[PDB]
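To find a chain, count down the sequence lines: A is the first, B the second, and so on, and within it residues start at 1. So how was this one determined? The header says X-ray crystallography, 1.8 Å.
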Amino acid sequence: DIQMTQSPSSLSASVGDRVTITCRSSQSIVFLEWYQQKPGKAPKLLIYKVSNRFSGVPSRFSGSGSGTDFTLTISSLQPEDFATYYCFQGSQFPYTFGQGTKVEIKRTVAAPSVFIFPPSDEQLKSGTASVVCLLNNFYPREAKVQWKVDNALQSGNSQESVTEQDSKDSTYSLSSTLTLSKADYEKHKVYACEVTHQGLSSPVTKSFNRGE
Amino acid sequence: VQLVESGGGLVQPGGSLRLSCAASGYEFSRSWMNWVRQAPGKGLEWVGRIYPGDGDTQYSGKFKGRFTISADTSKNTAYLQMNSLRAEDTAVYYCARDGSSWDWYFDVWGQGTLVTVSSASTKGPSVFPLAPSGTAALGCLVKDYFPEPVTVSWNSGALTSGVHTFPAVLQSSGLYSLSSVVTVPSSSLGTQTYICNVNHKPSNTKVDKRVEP
């Protein structure tokens with residue numbers, strides 16, 4: 001019943017920045033807690049009873065607020081502080097989590113390195129052609145991959161996957177996979193992925209000729 | 001102090017599944033044990049909790065009909081029996097101790113166990129090379145498997161730098177697919193062998209794929 005709304009839903013801050021996340025409850029709860037969850041890990045209790053740091057939590061984390069408005073503050077964001085942060089109320093049944101605030105590391109711009117991979121003969125013999133385009137170690141996350149087949153822009157036959165931000169260099173990588181039937185693949189020659197990113201002055205095209 | 005969830009797996013919609021939470025290192029009976037779930041890429045959702053000392057349970061009304069939480073203090077274990085599962089019940093399910101009678105809630109969490117509710121059946125991946133054509137990229141396409149997870153290593157774990165194993169994406173077929181890639185020196189392609197070792201535990205699939213230029 002009690003709705004917990006966090007602001008913002010996502011944030012990219014530089015190491016050393018002051019970070020503030022707010023949590024707003026639909027009803028006054030005057031047991032507000034903050035949890036920190038690394039990707040692929042269980043959440044960890046950071047703050048309890050509004051303003052109390054759990055054991056071992058660095059002093060840079062602090063909590064405040066009352067009634068319906070609450071704030072988690074990171075006084076100086078550290079490289080290991082990237083996570084999704086959740087507020088939680090245990091004052092009124094049923095107990096509810098905020099929707100989470102994903103904090104990622106803001107770094108300098110890095111343009112992607114682009115690679116293209118033709119389908120294997122083994123897969124083709126099974127009747128399907130997967131073409132893979134790789135965008136490696138780039139920042140920020142926004143990028144566009146356009147598939148062109150004999151210079152014809154493709155739509156509806158590709159899927160993308162993006163890695164979680166790398167813990168060491170704070171970059172992303174992206175895969176775009178173009179899937180065609182073997183018959184459709186054999187009708188065309190030039191397979192190209194065209195990449196744009198704010199760090200690229202002009203689009204990067206990687207291509208191959210089928211059967212070459 | 002440790003919590004270990006078990007019993008997660010693939011279930012057909014409408015089916016049922018019981019999860020377990022084995023506790024160690026503390027008096028299991030005198031602290032509430034909670035179940036908290038998290039759909040892939042989504043937020044945390046509190047399911048319910050039990051006080052193992054007297055068996056007193058509390059459920060979020062959303063689950064009061066078809067979920068049942070129990071505990072065995074002789075085994076230091078709690079259970080989550082889920083009935084009439086739907087696709088939207090797919091999530092990692094955690095058990096978490098709380099100390100809500102004192103000052104805080106979930107201070108100890110288990111690693112979580114993945115429950116997948118889908119009409120897709122268990123299937124091992126096909127593994128195809130992503131052939132390299134002063135840094136080169138190469139990889140393996142790990143396609144059409146279900147359910148999660150898969151693992152990919154390179155050169156039996158001897159190659160770790162520069163490896164990116166992409167998050168799985170569900171295809172229109174309802175099966176997962178991902179690529180695992182690695183960047184290497186272009187001067188190494190002629191004299192260095194690159195092999196991806198794919199393991200899909202749910203199907204007992206193990207595939208080594210030589211990736212050649």
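- Looking at chains A and B, one finds the drug pinatuzumab.
- This deposit refers to chain A as Pinatuzumab Fab light chain.
- The name for chain B in the entry is Pinatuzumab Fab Heavy chain.
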